Participant: 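In this model we see paromomycin bound to 16S rRNA.
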Amino acid sequence: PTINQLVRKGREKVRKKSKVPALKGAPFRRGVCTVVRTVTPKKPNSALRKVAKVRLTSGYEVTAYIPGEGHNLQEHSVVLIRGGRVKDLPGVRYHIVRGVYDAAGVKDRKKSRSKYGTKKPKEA
Amino acid sequence: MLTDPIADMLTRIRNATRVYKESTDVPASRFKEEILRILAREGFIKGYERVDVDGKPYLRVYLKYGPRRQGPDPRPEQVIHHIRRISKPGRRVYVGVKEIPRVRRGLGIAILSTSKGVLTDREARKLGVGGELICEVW
RNA sequence: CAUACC
RNA sequence: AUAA
RNA sequence: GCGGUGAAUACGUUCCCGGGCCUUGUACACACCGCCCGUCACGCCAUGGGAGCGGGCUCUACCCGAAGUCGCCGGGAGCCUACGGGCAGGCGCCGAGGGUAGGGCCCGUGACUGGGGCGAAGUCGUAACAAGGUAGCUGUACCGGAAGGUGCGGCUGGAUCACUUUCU
RNA sequence: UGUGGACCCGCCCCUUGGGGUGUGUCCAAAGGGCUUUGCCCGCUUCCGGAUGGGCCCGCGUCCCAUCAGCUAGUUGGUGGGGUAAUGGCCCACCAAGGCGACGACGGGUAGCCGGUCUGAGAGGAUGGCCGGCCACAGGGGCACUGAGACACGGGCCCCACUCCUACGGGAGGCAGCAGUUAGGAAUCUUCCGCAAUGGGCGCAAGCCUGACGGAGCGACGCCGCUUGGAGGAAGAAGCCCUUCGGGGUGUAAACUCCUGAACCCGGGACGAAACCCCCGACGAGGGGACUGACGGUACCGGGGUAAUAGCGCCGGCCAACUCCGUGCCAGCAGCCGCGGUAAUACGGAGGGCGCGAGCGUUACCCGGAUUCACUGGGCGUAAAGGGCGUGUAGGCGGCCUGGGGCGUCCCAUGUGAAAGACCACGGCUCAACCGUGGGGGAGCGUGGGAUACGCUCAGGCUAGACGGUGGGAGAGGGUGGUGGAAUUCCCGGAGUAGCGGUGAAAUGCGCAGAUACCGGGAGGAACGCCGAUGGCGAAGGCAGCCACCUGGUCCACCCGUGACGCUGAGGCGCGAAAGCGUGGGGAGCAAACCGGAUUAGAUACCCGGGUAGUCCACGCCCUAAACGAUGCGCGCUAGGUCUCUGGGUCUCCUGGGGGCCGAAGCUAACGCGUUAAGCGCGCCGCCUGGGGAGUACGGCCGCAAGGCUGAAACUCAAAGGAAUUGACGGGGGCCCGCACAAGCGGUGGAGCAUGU
Ligand SMILES: NC[C@@H]1O[C@H](O[C@H]2[C@@H](O)[C@H](O[C@@H]3[C@@H](O)[C@H](N)C[C@H](N)[C@H]3O[C@H]3O[C@H](CO)[C@@H](O)[C@H](O)[C@H]3N)O[C@@H]2CO)[C@H](N)[C@@H](O)[C@@H]1O
Ligand SMILES: [Mg+2]
Ligand SMILES: [Mg+2]
Ligand SMILES: [Mg+2]
Ligand SMILES: [Mg+2]
Ligand SMILES: [Mg+2]
Ligand SMILES: [Mg+2]
Ligand SMILES: [Mg+2]
Ligand SMILES: [Mg+2]
Ligand SMILES: [Mg+2]
Ligand SMILES: [Mg+2]
Ligand SMILES: [Mg+2]
Ligand SMILES: [Mg+2]
Ligand SMILES: [Mg+2]
Ligand SMILES: [Mg+2]
Ligand SMILES: [Mg+2]
Ligand SMILES: [Mg+2]
Ligand SMILES: [Mg+2]
Ligand SMILES: [Mg+2]
Ligand SMILES: [Mg+2]
Ligand SMILES: [Mg+2]
Ligand SMILES: [Mg+2]
Ligand SMILES: [Mg+2]
Ligand SMILES: [Mg+2]
Ligand SMILES: [Mg+2]
Ligand SMILES: [Mg+2]
Ligand SMILES: [Mg+2]
Ligand SMILES: [Mg+2]
Ligand SMILES: [Mg+2]
Ligand SMILES: [Mg+2]
Ligand SMILES: [Mg+2]
Ligand SMILES: [Mg+2]
Ligand SMILES: [Mg+2]
Ligand SMILES: [Mg+2]
Ligand SMILES: [Mg+2]
Ligand SMILES: [Mg+2]
Ligand SMILES: [Mg+2]
Ligand SMILES: [Mg+2]
Ligand SMILES: [Mg+2]
Ligand SMILES: [Mg+2]
Ligand SMILES: [Mg+2]
Ligand SMILES: [Mg+2]
Ligand SMILES: [Mg+2]
Ligand SMILES: [Mg+2]
Ligand SMILES: [Mg+2]
Ligand SMILES: [Mg+2]
Ligand SMILES: [Mg+2]
Ligand SMILES: [Mg+2]
Ligand SMILES: [Mg+2]
Ligand SMILES: [Mg+2]
Ligand SMILES: [Mg+2]
Ligand SMILES: [Mg+2]
Ligand SMILES: [Mg+2]
Ligand SMILES: [Mg+2]
Ligand SMILES: [Mg+2]
Ligand SMILES: [Mg+2]
Ligand SMILES: [Mg+2]
Ligand SMILES: [Mg+2]
Ligand SMILES: [Mg+2]
Ligand SMILES: [Mg+2]
Ligand SMILES: [Mg+2]
Ligand SMILES: [Mg+2]
Ligand SMILES: [Mg+2]
Ligand SMILES: [Mg+2]
Ligand SMILES: [Mg+2]
Ligand SMILES: [Mg+2]
Ligand SMILES: [Mg+2]
Ligand SMILES: [Mg+2]
Ligand SMILES: [Mg+2]
Ligand SMILES: [Mg+2]
Ligand SMILES: [Mg+2]
Ligand SMILES: [Mg+2]
Ligand SMILES: [Mg+2]
Ligand SMILES: [Mg+2]
Ligand SMILES: [Mg+2]
Ligand SMILES: [Mg+2]
Ligand SMILES: [Mg+2]
Ligand SMILES: [Mg+2]
Ligand SMILES: [Mg+2]
Ligand SMILES: [Mg+2]
Ligand SMILES: [Mg+2]
Ligand SMILES: [Mg+2]
Ligand SMILES: [Mg+2]
Ligand SMILES: [Mg+2]
Ligand SMILES: [Mg+2]
Ligand SMILES: [Mg+2]
Ligand SMILES: [Mg+2]
Ligand SMILES: [Mg+2]
Ligand SMILES: [Mg+2]
Ligand SMILES: [Mg+2]
Ligand SMILES: [Mg+2]
Ligand SMILES: [Mg+2]
Ligand SMILES: [Mg+2]
Ligand SMILES: [Mg+2]
Ligand SMILES: [Mg+2]
Ligand SMILES: [Mg+2]
Ligand SMILES: [Mg+2]
Ligand SMILES: [Mg+2]
Ligand SMILES: [Mg+2]
Ligand SMILES: [Mg+2]
Ligand SMILES: [Mg+2]
Ligand SMILES: [Mg+2]
Ligand SMILES: [Mg+2]
Ligand SMILES: [Mg+2]
Ligand SMILES: [Mg+2]
Ligand SMILES: [Mg+2]
Ligand SMILES: [Mg+2]
Ligand SMILES: [Mg+2]
Ligand SMILES: [Mg+2]
Ligand SMILES: [Mg+2]
Ligand SMILES: [Mg+2]
Ligand SMILES: [Mg+2]
Ligand SMILES: [Mg+2]
Ligand SMILES: [Mg+2]
Ligand SMILES: [Mg+2]
Ligand SMILES: [Mg+2]
Ligand SMILES: [Mg+2]
Ligand SMILES: [Mg+2]
Ligand SMILES: [Mg+2]
């Protein structure tokens with residue numbers, strides 16, 4: 001635009017809306033499972049995907065994903081969610097922390113251990 | 001109407017050179033003329049002169065180019081590679097002496113208008129003033 | 001090729 | 001019908 | 001594989017099937033057995049309207065009004081006095097807040113209800129893309145399970161021109 | 001008592017209530033200690049200093065205009081009250097003012113700053129440690145006492161909450177240090193000491209300081225440091241791979257020697273010299289004594305053990321590949337994407353890469369993002385030119401001269417605290433950390449100067465703009481009038497068996513005589529040829545002919561005015577079609593509708609009917625593919641050719657307008673190219689990935705239908721433009737083939753053979 005116009009109006013700065021209202025800003029948020037489900041992916045994917053509907057201390061009902069091959073979450077399990085969209089299930093934006101609260105660490109896992117949250121296999 | 005008569009000239013010149021005219025006519029003003037004085041001095045033109053078209057006063061500028069060149073396209077190098085208005089109406093640009101720009105590491109000039117009169121970049125800095133930055137030429 | 005329904 |  | 005006997009017909013290129021070259025249009029590229037549209041069914045999600053309930057903030061008028069300063073009185077109507085005056089007390093303005101009436105705004109909740117967006121392989125047709133087989137798109141108006149159709153006018157971002165002929 | 005000060009009135013200087021001066025009036029005090037006639041500490045009044053404050057002003061300080069009007073102590077006056085002091089701070093009376101698009105009023109959000117993070121910078125984000133200011137002390141008011149408070153550990157009252165209660169009544173206030181509990185993803189010891197520094201009172205000795213100096217917990221952060229160092233096979237074992245030869249882990253290990261974190265013993269701090277006391281004088285100066293929380297710590301000396309390694313990753317981006325398991329499952333995934341039986345992408349293993357007392361994850365800020373572009377973007381077709389005008393504010397403005405000096409530039413000077421940031425030299429063994437010094441600094445204040453450009457004032461000019469005179473072309477607009485062709489209907493004539501319509505038909509019309517044909521009439525609507533390669537208009541749009549009314553325009557003369565100019569948020573007007581209201585009209589056409597066909601169906605295309613509507617007047621509506629999908633103005637930059645309309649010396653020259661081709665140049669390309677999409681300047685409008693959505697909400701407008709303005713949640717990795725090569729078309733053109741056609745013999749039926 002003309003300068004007189006920038007003078008008159010000006011450039012409007014950009015607002016950047018969150019990808020993840022885990023309120024507080026906070027890194028994570030605790031909630032309870034109010035159902036464990038299986039979900040079908042989309043696009044060129046097929047499998048049965050473990051999710052939970054969680055009701056949060058944020059006072060928010062969001063659907064989290066339950067990573068790992070084995071999971072132990074039930075229709076009253078308390079859990080810690082943590083943000084991280086699952087690319088295939090639309091509307092699944094947060095992940096669940098494996099190793100915190102009711103959620104068990106993955107079992108007999110030896111590689112990417114601290115995600116999945118499993119201790120250190122012990123011997124000599 | 002003619003809103004900026006300086007840009008008109010600056011441009012009039014830019015236009016003429018890109019088709020390699022021998023000379024071009026700008027309608028005349030002392031201030032326009034006081035610029036051509038510098039263009040001329042610093043080697044960008046061959047000089048100018050007050051001609052007179054249809055009984056109204058013009059400044060004929062005499063343009064200056066390179067030598068003919070090699071390969072396809074023999075059109076010569078331009079002397080005024082580049083020439084552009086800095087300060088304009090509704091955006092006047094003024095600079096302190098500590099802010100007069102080094103154009104192309106001095107390979108080009110920057111005419112500016114001070115209370116000691118119209119002057120090159122080197123001229124004002126080595127003379128201690130600042131003013132309205134008119135235009136870069138390189 | 002591997003699948004899905006009538 | 002669906003995926004390559 | 002081999003010899004013996006030994007024909008008919010071909011005007012023509014309009015139709016049917018394939019193929020070559022040039023050109024045009026294209027939303028096709030696993031290339032028309034392509035692409036694609038909308039209703040509908042199943043499922044997940046956020047959301048508009050909403051009678052009525054619960055809560056907060058504010059404004060206008062009227063009324064009650066603590067504390068406290070300030071003002072008036074301070075009286076044979078209490079205390080002190082050097083008679084000048086002080087104090088106690090009393091009234092009044094203001095005044096936190098409260099209440100009655102009307103209005104404006106903000107959040108929760110909610111019977112009922114409208115559409116939305118997503119989710120390999122459910123249903124109906126086939127609107128669009130090739131002149132998409134009635135050029136398309138468009139403002140508006142009416143009509144129809146659905147894409148849509150028709151009127152009127154506009155645009156070219158239409159191939160250029162001889163009964164309907166869906167899907168892959 | 002009156003040094004002196006305060007108050008009224010007068011006078012001088014000053015210029016706001018500052019400083020003198022005269023009369024009048026008013027106003028002072030406190031004692032205490034001794035080494036006891038002199039010192040120490042106090043008290044009183046006045047003047048000055050220092051330090052700390054109050055108040056006022058210029059400029060700067062987030063988002064929403066889907067918040068455009070706001071204000072009654074409101075705005076000013078006079079006189080009062082009040083205060084340390086100005087002031088509608090408060091009060092009475094008087095005037096009717098004050099503020100707002102330069103964003104008032106309302107709403108939303110927020111303590112502000114030095115600084116901090118990021119960034120090449122401009123910018124963006126932030127205000128956590130520390131320092132400055134402000135505000136608050138359960139919530140709301142209020143004053144008292146004081147130099148100072150409207151007072152966190154002071155007072156009163158109202159409210160809410162906990163506690164005591166003999167039922168009337170009382171008591172509390174951690175957002176001081178610790179600590180408990182609650183909420184949360186999450187945040188410390190109910191520690192030590194007044195030794196240092198600082199504060200309060202005291203003459204002092206001292207006392208009081210949860211200020212503070214220290215220790216404690218937490219890898220939370222930075223910095224430093226260790227888990228060893230040199231030798232050691234042509235290369236153990238195990239695990240891995242293999243072309244069955246081998247190759248890998250790998251000098252790694254074992255093992256040889258060497259230092260010696262941990263740990264033990266001994267010495268053991270700096271921080272602390274003042275206050276006090278003595279000589280001198282209670283001064284300067286000299287002498288003396290006391291004091292350590294941290295802490296038996298830091299540090300120094302001797303003794304001395306081979307003595308923690310994790311986490312992430314290895315499809316591309318992005319350093320690092322091989323087996324097994326799995327089979328669109330189980331799973332991965334920041335984006336693109338991996339997995340459907342040979343997965344370097346999933347799970348394990350060997351190996352490898354990267355960091356390492358850490359390594360990853362999630363969250364948030366800047367960056368890359370010139371992706372809000374001032375630096376540093378765009379709008380013909382990708383998102384974006386307002387439907388068009390007229391014009392308000394505002395922005396911008398030709399040539400010459402003079403004044404001023406607002407902008408602009410320059411010199412000097414004041415301010416820019418410390419911390420932090422930059423550089424040097426230093427202190428802890430280094431660093432982290434800290435000390436000393438230097439350097440820079442935006443911005444504002446003052447004094448002096450410059451005057452080109454911008455501004456303003458005063459003159460001047462004619463080249464921009466307008467005017468005058470003469471001449472022109474036009475479907476430009478409004479009103480009245482009028483012309484012929486056709487369709488339809490009505491009357492008459494003649495004439496008889498159909499007409500119509502389609503791919504084929506039917507519905508339909510026709511013996512009450514239609515269709516065709518002739519003559520007469522009524523009407524409604526639209527104007528053939530001329531006619532486009534045309535013209536006019538700002539756009540929408542405008543075409544029979546005549547007249548009147550009226551708008552724009554172009555040329556010649558170079559006559560007049562003298563910068564009067566451009567653009568233009570709001571406003572106001574105009575605005576195809578459809579649609580609406582009130583009357584009128586109604587030939588033809590025709591949404592809806594009623595029928596006939598077609599079809600698998602056919603709520604369609606085809607056919608026969610047909611209402612609104614199409615027409616008029618008046619009033620609304622305000623939209624569009626309202627398109628050149630290209631805002632208006634001006635200047636500049638080869639030419640050729642066709643055309644419309646002026647002028648001139650009329651083979652041609654010179655204007656205005658409409659096309660085509662093309663120089664330079666531009667463009668992603670297509671294209672544009674003196675009718676720019678080139679080169680430039682002024683101004684307006686608009687864009688910021690797709691969907692949700694031109695939706696919801698709010699406002700405004702409308703009789704309505706709706707229009708204008710116009711989001712968010714949620715959701716995707718695309719959506720797009722141009723071109724390229726194909727393939728394709730129920731697109732074109734050209735052309736073949738027993739492809740059809742022209743022929744002659746077959747199969748399909750029968751019985752059987754053979755294959756399925
Ligand atoms: N998101 C689609 C929106 O709704 C419509 O599309 C929606 C429906 O029409 C459509 O339905 C299609 C159907 O057309 C088609 N013939 C069959 C198909 N299985 C369906 O698909 C749907 O349903 C199945 C389960 O039944 C889901 O697994 C699948 O994800 C979903 N797309 O599925 C869509 C919802 O995902 C509009 N056409 C479209 O324009 C609009 O964008
Ligand atoms: Mg993430
Ligand atoms: Mg992984
Ligand atoms: Mg063919
Ligand atoms: Mg050939
Ligand atoms: Mg071809
Ligand atoms: Mg070819
Ligand atoms: Mg081709
Ligand atoms: Mg098809
Ligand atoms: Mg609601
Ligand atoms: Mg209420
Ligand atoms: Mg009262
Ligand atoms: Mg009272
Ligand atoms: Mg009283
Ligand atoms: Mg009240
Ligand atoms: Mg179709
Ligand atoms: Mg088809
Ligand atoms: Mg089409
Ligand atoms: Mg309807
Ligand atoms: Mg449509
Ligand atoms: Mg219809
Ligand atoms: Mg049409
Ligand atoms: Mg006296
Ligand atoms: Mg006196
Ligand atoms: Mg005076
Ligand atoms: Mg006096
Ligand atoms: Mg006295
Ligand atoms: Mg005494
Ligand atoms: Mg002072
Ligand atoms: Mg008043
Ligand atoms: Mg006063
Ligand atoms: Mg007053
Ligand atoms: Mg405001
Ligand atoms: Mg605050
Ligand atoms: Mg800042
Ligand atoms: Mg940048
Ligand atoms: Mg803090
Ligand atoms: Mg702070
Ligand atoms: Mg509290
Ligand atoms: Mg307290
Ligand atoms: Mg808790
Ligand atoms: Mg102390
Ligand atoms: Mg002390
Ligand atoms: Mg070694
Ligand atoms: Mg030793
Ligand atoms: Mg040894
Ligand atoms: Mg002491
Ligand atoms: Mg002595
Ligand atoms: Mg001494
Ligand atoms: Mg060892
Ligand atoms: Mg690599
Ligand atoms: Mg193998
Ligand atoms: Mg499985
Ligand atoms: Mg495998
Ligand atoms: Mg594979
Ligand atoms: Mg692998
Ligand atoms: Mg990977
Ligand atoms: Mg960078
Ligand atoms: Mg940026
Ligand atoms: Mg852009
Ligand atoms: Mg388009
Ligand atoms: Mg566009
Ligand atoms: Mg336009
Ligand atoms: Mg409009
Ligand atoms: Mg438009
Ligand atoms: Mg205008
Ligand atoms: Mg103006
Ligand atoms: Mg001006
Ligand atoms: Mg000027
Ligand atoms: Mg001047
Ligand atoms: Mg000045
Ligand atoms: Mg500083
Ligand atoms: Mg910096
Ligand atoms: Mg050092
Ligand atoms: Mg320093
Ligand atoms: Mg200054
Ligand atoms: Mg100055
Ligand atoms: Mg001067
Ligand atoms: Mg003048
Ligand atoms: Mg005239
Ligand atoms: Mg006309
Ligand atoms: Mg008749
Ligand atoms: Mg007869
Ligand atoms: Mg009949
Ligand atoms: Mg008969
Ligand atoms: Mg007839
Ligand atoms: Mg007749
Ligand atoms: Mg009639
Ligand atoms: Mg034309
Ligand atoms: Mg035109
Ligand atoms: Mg048109
Ligand atoms: Mg006229
Ligand atoms: Mg003249
Ligand atoms: Mg004159
Ligand atoms: Mg209209
Ligand atoms: Mg109409
Ligand atoms: Mg009507
Ligand atoms: Mg009628
Ligand atoms: Mg009809
Ligand atoms: Mg019909
Ligand atoms: Mg009607
Ligand atoms: Mg009308
Ligand atoms: Mg002629
Ligand atoms: Mg022309
Ligand atoms: Mg070119
Ligand atoms: Mg090109
Ligand atoms: Mg061209
Ligand atoms: Mg131009
Ligand atoms: Mg362009
Ligand atoms: Mg727009
Ligand atoms: Mg969008
Ligand atoms: Mg969007
Ligand atoms: Mg609309
Ligand atoms: Mg609305
Ligand atoms: Mg209404
Ligand atoms: Mg394309
Ligand atoms: Mg073809
Ligand atoms: Mg044949
Ligand atoms: Mg047989």
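The chains referred to below are lettered A, B, ... by the order of the sequence lines, with proteins before strands, and numbering in each begins at 1. The structure shown is a partial extract from the entry, and contact counts are restricted to the extract. Whatever order the structure lists them in is the order used to number ligands and atoms, beginning at 1.
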Participant: In what form does the model contain paromomycin: which ligands or which chains?
Facilitator: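 All copies: ligand 1.
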Participant: Under a 4.0 Å cut-off, which other chains come into heavy-atom contact with paromomycin?
Facilitator: E
Participant: Going by the PDB entry, what is the biological origin of RNA chain E?
Facilitator: Thermus thermophilus
Participant: Which chain positions lie within 4.0 Å of paromomycin by heavy-atom distance?
Facilitator: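 By heavy-atom distance, those would be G38(E), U39(E), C40(E), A41(E), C42(E), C118(E), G119(E), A120(E), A121(E), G122(E), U123(E).
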